[PDB]
A.B. asks: 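Sending over a structure as structure tokens; questions will come in a sec.
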Amino acid sequence: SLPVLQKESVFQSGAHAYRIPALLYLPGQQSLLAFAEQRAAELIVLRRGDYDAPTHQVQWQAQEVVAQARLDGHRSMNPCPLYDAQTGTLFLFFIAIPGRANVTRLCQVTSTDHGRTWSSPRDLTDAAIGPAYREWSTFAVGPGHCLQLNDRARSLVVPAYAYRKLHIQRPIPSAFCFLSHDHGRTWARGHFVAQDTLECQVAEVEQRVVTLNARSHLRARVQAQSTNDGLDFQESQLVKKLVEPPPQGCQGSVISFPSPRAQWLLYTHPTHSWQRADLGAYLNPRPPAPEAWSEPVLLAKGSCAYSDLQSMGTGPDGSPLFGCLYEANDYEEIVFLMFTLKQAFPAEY
Ligand SMILES: CCC(CC)[C@H](NC(C)=O)[C@@H]1[C@H](O)[C@@H](C(=O)O)C[C@H]1NC(=N)N
């Protein structure tokens, strides 16, 4: 299908299994960081990748284990990378569940050497959630990259969802954002969006809004936008243009990038309505506008699942360079795709 700069496998089954990928680009470093769950949900691993423009290809180093990203007697999962341009610090957020009552933990480990080494995990659970904790059974972050805003305080936005016990029934899940306006010092919990929303990610648009796209039991993605930097999500509706597979849907990813014409959205997710196959790439020139969403362009044929996008700057063709990470061939491996806006949306460049 679609010709791309590079298509390679960064993780593969054998010794252990790997799922739930997360991608992070380090602008002033030309580098990328591929995160994932190393399953015997056990530990989180990481692979550093140095991108070279001339050879149109990224060079991946050895695989490593974020030793710090874990709590004793707790499995880890849902790695959510995020980079603070302001301080140049790195944040890897995750979840720790022990080996009806909530026992989930929110944790973060930071790096100041571009992810070469990490700190001690900070358990943000009690200060970040508060009394509402007991009101849930479980929650989670990402999985995937998080967001930093363009507001005064260059706030940090972490996408998440909680499994609300609102009743005589199961628990209902709703997405929300963990906000910090002091570079991961303090954390607050923004409000929820429509019910029955799950794994999600956010991106900033053009005055300034936060578009949040979430997984859903239904047959179409659920999309909500915010005007108060993620605190609230006024609008919120089904985007029939973005199919969602049968079971309980599947995780997608979305990022923003500068329009060649103020940003546009790129989104990745399986295109098959009846399964997790044929990973497409949808483009939105008039974000957030739900009907502005284009048809998808086939990125990879066959079985596909969780994915994560990353804007990588300028491609060798002059167009926006993108970095994709997705689960393939029935979780047998994880692939790193790299292409440009040109190759994907030739009519749009
Ligand atoms: C129970 C809530 C689910 C998310 C909608 C569930 N996530 C967690 C943290 O348990 C995911 C889901 O069951 C699996 C999938 O859809 O592929 C992956 C699975 N995620 C992980 N094993 N990390």
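Residue numbers count from 1 along this sequence. One-based numbering, in listed order, for ligands and for the atoms of each. Only heavy atoms go into these numbers, but all of them, side chains included; no hydrogens, no water, no symmetry mates.
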A.B. asks: What is the recorded name of the drug molecule at ligand 1?
C.D. replies: peramivir
A.B. asks: Identify the macromolecule bound to peramivir (ligand 1) in this structure with the most contacts, using its name in UniProt.
C.D. replies: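 By the greatest number of contacts, it's Sialidase-2.
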A.B. asks: Name the UniProt substrate-binding residues of chain A with a heavy atom closer than 4.0 Å to peramivir (ligand 1).
C.D. replies: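 Per UniProt, the ones with a heavy atom under 4.0 Å: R19, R39, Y161, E199, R215, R276.
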A.B. asks: What residues line the site of peramivir (ligand 1) at a non-hydrogen cut-off of 4.0 Å?
C.D. replies: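 Within 4.0 Å on heavy atoms: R19, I20, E37, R39, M77, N78, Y161, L198, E199, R215, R276, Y306.
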